[PDB]
K.L.:
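This structure holds cocaine. Let me ask you some things about it.
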Amino acid sequence: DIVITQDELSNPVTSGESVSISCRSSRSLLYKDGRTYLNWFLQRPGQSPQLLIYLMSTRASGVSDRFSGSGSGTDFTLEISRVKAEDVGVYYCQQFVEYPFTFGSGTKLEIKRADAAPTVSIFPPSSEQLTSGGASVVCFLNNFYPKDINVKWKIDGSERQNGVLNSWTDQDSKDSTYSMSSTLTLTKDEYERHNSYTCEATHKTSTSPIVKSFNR
Amino acid sequence: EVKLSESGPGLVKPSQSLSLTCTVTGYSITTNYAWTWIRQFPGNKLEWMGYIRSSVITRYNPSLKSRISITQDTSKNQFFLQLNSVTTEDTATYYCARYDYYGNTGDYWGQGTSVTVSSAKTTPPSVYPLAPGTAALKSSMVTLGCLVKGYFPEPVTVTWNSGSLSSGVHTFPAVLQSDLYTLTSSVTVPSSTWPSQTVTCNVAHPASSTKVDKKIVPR
Ligand SMILES: COC(=O)[C@H]1[C@@H](OC(=O)c2ccccc2)C[C@@H]2CC[C@H]1N2C
């Protein structure tokens with residue numbers, strides 16, 4: 001029914017800065033009783049949504065007074081004062097004037113922190129996996145910032161693109177870094193055809209890749 | 001105190017019904033709220049599904065057509081979601097919540113229950129230890145891990161030393177391929193503590209009633 005639109009945050013916010021997050025409604029949420037029925041929620045990485053504000057400007061019980069809401073009848077703003085690492089997550093608005101009570105699609109808050117190079121670790125396939133005929137080589141690239149990162153696999157000095165699956169964590173609520181795992185999966189027999197396996201991480205913190213390798 | 005807890009199957013086959021239970025704790029379900037179901041899709045869009053109020057009065061999102069029923073069992077302090085004729089598009093995390101007239105939910109949103117709608121077979125993970133190839137810069141930190149391969153459906157829970165190892169852990173989102181998921185978890189500990197002190201990953205997959213411990217032993 002009502003479509004709620006949220007603005008993207010173009011830029012990460014350093015701890016201690018304040019930031020405004022906005023949402024808009026296709027219809028006025030100001031009701032005949034003078035109250036404006038707009039909720040804001042925070043969904044922290046991996047958790048259920050937590051109500052921050054209802055009735056456009058009333059803080060939910062227990063919510064930090066760093067959060068405040070304002071707006072007219074169709075444009076709304078959540079102000080987060082003195083942002084903390086733990087404020088990272090997705091902020092959603094919801095209207096409560098017309099059924100069904102639709103949600104916006106969320107605004108992700110990213111925290112800006114000092115650049116950090118990844119700690120890179122490479123692991124050979126386990127003997128348990130090899131007995132089943134499989135061979136996964138795992139590389140962790142942990143606790144880096146900013147999120148942009150490239151991993152390249154090399155086998156006996158040649159780039160390998162197939163059989164690689166990557167996964168990235170959300171931003172950490174404590175230290176504001178990111179991590180990534182890259183797994184190269186081969187058969188045991190393919191694995192046994194080569195000797196040197198290399199994971200190479202390229203990140204803004206150095207012009208030269210961080211290279212971790214082992215020999216089978 | 002006052003909280004809400006969802007339960008129900010994590011996997012349902014297409015065309016069958018999805019049933020979930022919300023148990024209200026601390027407080028009687030006869031208090032006058034809109035006892036609500038919300039779901040969150042992969043990609044994180046939220047959808048209001050419907051409510052029950054006053055034990056017997058309901059309203060639903062027209063998006064759900066005639067497929068949804070919410071009911072209540074006052075004697076158990078529970079309300080229920082039944083969503084019929086499911087398809088893969090009903091795969092989501094389902095939440096229950098308590099709404100009041102002003103839109104206030106308080107802290108009353110459930111933890112969420114993942115429901116996957118799929119014809120794929122429940123499969124427990126194989127859990128493989130990730131131990132470092134040889135030695136490296138010691139007197140500092142060592143990273144270990146666990147590869148959790150080939151399970152269905154989500155989720156798995158990974159802990160290290162039964163939860164005693166909590167700092168320095170990264171459990172990565174799973175990746176799905178050929179109806180099986182794979183995920184890894186890393187832990188970083190002082191080189192002084194391993195291998196002299198044991199490190200074990202504990203991997204639970206409730207959907208298949210399986211829990212596995214894998215001790216990480218040096219190569
Ligand atoms: C569609 O009904 C509403 O949105 C109303 C109200 O919602 C309900 O009356 C209601 C009834 C049953 C379940 C959930 C909400 C929320 C606020 C206050 C009045 C009005 N709205 C502006």
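Chain letters run A, B, ... following the sequence lines, proteins first and then strands; every chain starts at 1. Every number for a ligand or one of its atoms is a count from 1 in the order of the listing. Both backbone and side-chain heavy atoms feed into the values below; hydrogens, waters and symmetry mates do not.
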K.L.:
Could you help me spot every copy of cocaine here?
P.N.:
ligand 1
K.L.:
From the contacts in this model, which chain binds cocaine most extensively, according to the PDB entry?
P.N.:
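Main binding partner here: Antibody 7A1 Fab'.
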K.L.:
Which other chains are in heavy-atom contact (under 4.0 Å) with cocaine?
P.N.:
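Within the heavy-atom cut-off of 4.0 Å: A, B.
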K.L.:
Using a 4.0 Å heavy-atom cut-off, which part of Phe96(A) comes near cocaine: side chain, backbone, both, or neither?
P.N.:
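Both backbone and side chain.
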K.L.:
Of the choices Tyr101(B), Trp35(B), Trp48(B), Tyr33(B), which has the non-hydrogen atom that lies closest to atom 18 (C) of cocaine?
P.N.:
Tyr101(B)
K.L.:
Show which atoms of cocaine fall inside a sub-4.0 Å distance from at least one heavy-atom site of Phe101(A).
P.N.:
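In order of number, 4 (O), 7 (O), 14 (C), 15 (C).
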K.L.:
Look at atom 10 (C) of cocaine and say whether a protein heavy atom is found at less than 4.0 angstrom from it.
P.N.:
no
K.L.:
Which name has the entry assigned to chain B?
P.N.:
Antibody 7A1 Fab'
K.L.:
Can you name the atoms of cocaine, numbered from 1 with element, that are less than 4.0 Å from a heavy atom of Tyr37(A)?
P.N.:
17 (C), 18 (C), 22 (C)
K.L.:
Under 4.0 Å from atom 5 (C) of cocaine, is there any protein heavy atom?
P.N.:
no
K.L.:
Within 4.0 Å (heavy atoms only), which residues surround cocaine?
P.N.:
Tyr31(A), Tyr37(A), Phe96(A), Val97(A), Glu98(A), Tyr99(A), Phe101(A), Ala34(B), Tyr51(B), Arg53(B), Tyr101(B)
